[PDB]
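Alphabetical chain letters, starting from A, follow the order of the sequence lines given. Per the PDB entry, chain A residues shown: 307-329, 342-399, 401-416, 420-459, 468-527, 533-545, in order. Residues 307-331, 336-458, 460-461, 468-527, 536-545, in that order, are what chain B shows, numbered as in the PDB entry. Note: hydrogens, waters and symmetry copies are ignored here, and every other heavy atom, side chains too, is used. We read in the header that X-ray crystallography, 3.1 Å was used to get this structure. For ligands, and for the atoms within them, numbers begin at 1 and follow the listed sequence.
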Amino acid sequence: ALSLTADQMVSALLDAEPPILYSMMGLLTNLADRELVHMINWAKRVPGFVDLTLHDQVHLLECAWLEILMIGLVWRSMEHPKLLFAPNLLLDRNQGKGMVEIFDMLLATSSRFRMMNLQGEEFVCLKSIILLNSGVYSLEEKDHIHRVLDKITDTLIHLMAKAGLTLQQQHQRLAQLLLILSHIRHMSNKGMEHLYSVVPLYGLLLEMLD
Amino acid sequence: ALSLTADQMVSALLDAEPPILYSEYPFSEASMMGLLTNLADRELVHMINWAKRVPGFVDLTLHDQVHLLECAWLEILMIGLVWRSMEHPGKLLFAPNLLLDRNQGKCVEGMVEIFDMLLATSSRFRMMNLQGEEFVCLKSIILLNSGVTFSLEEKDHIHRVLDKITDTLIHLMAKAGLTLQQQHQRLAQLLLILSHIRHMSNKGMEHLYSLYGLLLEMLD
Ligand SMILES: CC/C(=C(\c1ccc(O)cc1)c1ccc(OCCN(C)C)cc1)c1ccccc1
Ligand SMILES: CC/C(=C(\c1ccc(O)cc1)c1ccc(OCCN(C)C)cc1)c1ccccc1
């Protein structure tokens, strides 16, 4: 549950991973939408999430879905200085031409991950963080959510330790990772805003959440 | 000033805080935005001078000083608001003479939701017994991290200062009796409350839509 050990955590999280998908606003809309159905399923497989209410499971996915899509998108693009929406569709920044500076922001985060040589294990933890931490703001599990988040913080450190960083680089990397989550909230917001020139609604979320 | 001990780094930052401002005022209407605009802009002038007092910040080039500040100001004001509101459950302390309960924010369409969010964050800081040293750390962390979407071997610099704060932030926690885990854990918690604040800051902007020249010359 949370009495998972940090290796059991990473084990779970890598196994939770949604498949790889293949295929203009229509392109990316249809694409997001599709990925959005798998995301619902991964959320379920995330340790600690299945513990919350439906009403709360749903709130959380309500609040995080777009950054979960972006940080994903940012991830698979690390190795293509180019956004690789799916193996078969891979756009450059010129191609963004009112969506250009969202792309610019994304390609920033993408290089910053390449620079940081981010790990699939580290990545995978960041995503669970975004799921739980996003909407965490009358007897409560916010307490619970907070516990699961601390588990993951420990899981993150634990990975860095295993990999043989010094205790100082551990707190340091953890920082520059959790800070990129800020950048990502932002691009997500700029995203939401531009999809008023939208949010997967409740009942549907809730019925698939089961 | 890259190398200077955690102790130094804290007092530097603690000793550079803008003054405490007072507001001016015939009971509230949507003339309250004007009221809050005003407070914003005065505060924003002093924030320029605090940016300059933050170690490493003047080392950056003028345009980057501006990029950073342009990108992080409302986020920097909100965290300040939040911070000073911590000792006053249920109300936002705009100025020492302008405590405002959430009810009052409902007198400007779309603001109550921001207010709610702020009061939540203010809660969370109190419940964490966030110390002033840690707050000062996070303010500077917002200045630095928010803009860091830009030769640019200046990013590298920004980053190393940022690590330097991290150290300083850890260092305090260490010195308050905190076991190693509890350190890594609280550090997470604070940096993760930084996301919450950008969110608020963006929400702020949108309902402030529905500047450069000034900051450049003002930053000399
Ligand atoms: C930047 C990529 C993107 C989308 C996207 C991101 C990652 C990914 O893996 C796939 C797509 C995007 C576009 C539309 C969108 O809304 C769909 C509405 N559905 C939920 C009914 C979501 C993401 C987008 C978002 C806002 C504006 C312009 C583009
Ligand atoms: C929530 C507080 C707030 C402002 C504020 C926050 C903290 C603080 O210490 C002082 C004020 C606020 C209001 C207006 C504003 O605009 C300034 C425009 N200038 C920069 C051109 C900035 C902040 C606000 C922001 C957006 C919409 C409604 C209210």
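For ligand 2, the correct option among MK-5046, ENMD-2076, 4-hydroxytamoxifen, PT2385 is 4-hydroxytamoxifen. In this structure the chain with most contacts to 4-hydroxytamoxifen (ligand 2) is the one UniProt names Estrogen receptor. Counting only heavy atoms under 4.0 Å, the other chains near 4-hydroxytamoxifen (ligand 2) are B. Binding site of 4-hydroxytamoxifen (ligand 2), heavy atoms within 4.0 Å: B/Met343, B/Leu346, B/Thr347, B/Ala350, B/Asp351, B/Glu353, B/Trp383, B/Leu384, B/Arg394, B/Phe404, B/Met421, B/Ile424, B/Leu428, B/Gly521, B/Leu525. Counted by heavy atoms under 4.0 Å from 4-hydroxytamoxifen (ligand 2), the UniProt 17beta-estradiol-binding residues of chain B that qualify: B/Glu353, B/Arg394.
The region of chain B touching 4-hydroxytamoxifen (ligand 2) is mostly the UniProt domain NR LBD.
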